[PDB]
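By convention in this document, chain letters (A, B, ...) are assigned in the order of the sequence lines, proteins followed by strands, and residues within each chain are numbered from 1. We use all heavy atoms of the structure for the numbers below, so side chains are in, but hydrogens, waters and symmetry mates are not. The header says X-ray crystallography, 1.5 Å. Each ligand, and each atom within it, is numbered from 1 in the order the structure gives.
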Amino acid sequence: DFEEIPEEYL
Amino acid sequence: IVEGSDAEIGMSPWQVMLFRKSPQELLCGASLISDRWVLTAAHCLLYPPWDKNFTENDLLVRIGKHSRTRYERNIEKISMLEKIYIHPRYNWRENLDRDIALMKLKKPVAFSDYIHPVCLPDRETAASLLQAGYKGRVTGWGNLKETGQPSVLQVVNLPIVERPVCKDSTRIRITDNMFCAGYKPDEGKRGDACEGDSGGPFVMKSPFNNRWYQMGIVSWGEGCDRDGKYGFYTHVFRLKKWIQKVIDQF
Amino acid sequence: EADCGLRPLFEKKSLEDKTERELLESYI
Ligand SMILES: Cc1cc(NS(=O)(=O)c2ccc(N)cc2)no1
Ligand SMILES: *[C@@H]1O[C@H](CO)[C@@H](O)[C@H](O)[C@H]1NC(C)=O
Ligand code: NA
Ligand code: NA
């Protein structure tokens, strides 16, 4: 259960 | 990490999390050796027996972390990979000899209280410190038991083991590019790396200059924290000429 | 690299972490 990372890094 | 404890804030500011973009998950540990270079185990990126062959665009590195699963806003930094370099004689077919890889980041990471590189050993520091009984430190977000997962980075200190004992603990062929560490059954203390910790650092604090040096990379083990088994680590100094060649060229 | 291995929240402040002494005591 990882917290979503900012979209900018994807 | 089995039988370790929670890291202190900023205790291992070179610790890196190798993170898969999709599905979003922990892949391995790693370490920061400069503002643009990260060191890990080759098997974290390339292991054909299990159809593992990650490319640069598959992965991110997360630096400055403490919590395993949280996005640590204003603290951690997330970097994209420019290029992966795997040791050309990494032996994935047999015994993971030369289990080492470098990752160059697309942009330099900013150092902070939580982000700072570890030193790589010179010949003299390696000769002085890589002795049976001398303890190093292993850190990671891997599982807490062989058969669950930590809230925050875990830390365990473990003694280097005599080479004959390492060899006599396993049927695998041990090479000069490996060392082993961990307590013996009779020693009454325990601890080991486990799944998710591989690629992370085995560090020692030099008593000569009070700096932390990465002597090993978490490479392989037979189970986790089993009596009579030991963790095996890539011997960083023995492979340092390759590291230097890669950084100098690229 | 000049500053490698010196942690901002420990060596740079002259603070010790809770278990580094265990390492030093093993370096006999
Ligand atoms: C490679 C590789 C990883 C793996 N298992 S593991 O869980 O990654 C692990 C790695 C090192 C130690 N000491 C213990 C467990 N076994 O081989
Ligand atoms: C690993 O992937 C690279 C890039 O696609 C490729 O050049 C290489 O042949 C692959 N090695 C394998 C699958 O063993
Ligand atoms: Na053996
Ligand atoms: Na063991």
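- Drug identified at ligand 1: sulfamethoxazole.
- The chain with the most heavy-atom contacts to sulfamethoxazole in this structure is named in UniProt as Thrombin heavy chain.
- Taking 4.0 Å as the heavy-atom limit, the other chains contacting sulfamethoxazole are B.
- The heavy-atom binding site of sulfamethoxazole at 4.0 Å consists of B/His43, B/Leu96, B/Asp192, B/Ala193, B/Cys194, B/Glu195, B/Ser198, B/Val218, B/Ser219, B/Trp220, B/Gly221, B/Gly223, B/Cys224, B/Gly231.
- Near B/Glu195, meaning under 4.0 Å from any of its heavy atoms, are these atoms of sulfamethoxazole: 6 (S), 7 (O), 8 (O).
- Below 4.0 Å from some heavy atom of B/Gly231 lie the following atoms of sulfamethoxazole, by number and element: 13 (N).
- Residue B/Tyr233 has no nitrogen or oxygen atom sitting less than 3.5 Å from a nitrogen or oxygen atom of sulfamethoxazole, judged on distance alone.
- Taking a cut-off of under 4.0 Å to the non-hydrogen atoms of B/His43, the atoms of sulfamethoxazole that pass are 1 (C).
- Summary of contacts: the protein heavy atom closest to atom 14 (C) of sulfamethoxazole is B/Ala193 O, 3.2 Å.
- Of the protein's non-hydrogen atoms, the one nearest atom 1 (C) of sulfamethoxazole is B/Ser219 O, 2.9 Å.
- Within sulfamethoxazole, the atoms closer than 4.0 Å to a non-hydrogen atom of B/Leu96 are 1 (C), numbered from 1 in the order shown.
- Residue counts put most contacts of chain B with sulfamethoxazole in the UniProt domain Peptidase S1.
- The protein heavy-atom contact nearest to atom 17 (O) of sulfamethoxazole is B/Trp220 CB, 3.3 Å.
- Lab note: closest UniProt active-site residue in chain B to sulfamethoxazole, heavy-atom distance to 1 Å, was B/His43, 3 Å.
- Residue contact check: B/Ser198 has heavy atoms under 4.0 Å from atoms 8 (O) of sulfamethoxazole.
- Taking every non-hydrogen atom of B/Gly223 and a distance limit under 4.0 Å, the qualifying atoms of sulfamethoxazole come out as 14 (C), 15 (C).
- Backbone and side-chain nitrogen or oxygen atoms of B/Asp192 are examined, and one is located within less than 3.5 angstrom of a nitrogen or oxygen of sulfamethoxazole.
- In this structure, atom 16 (N) of sulfamethoxazole lies nearest to the protein heavy atom B/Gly221 O, 3.4 Å.
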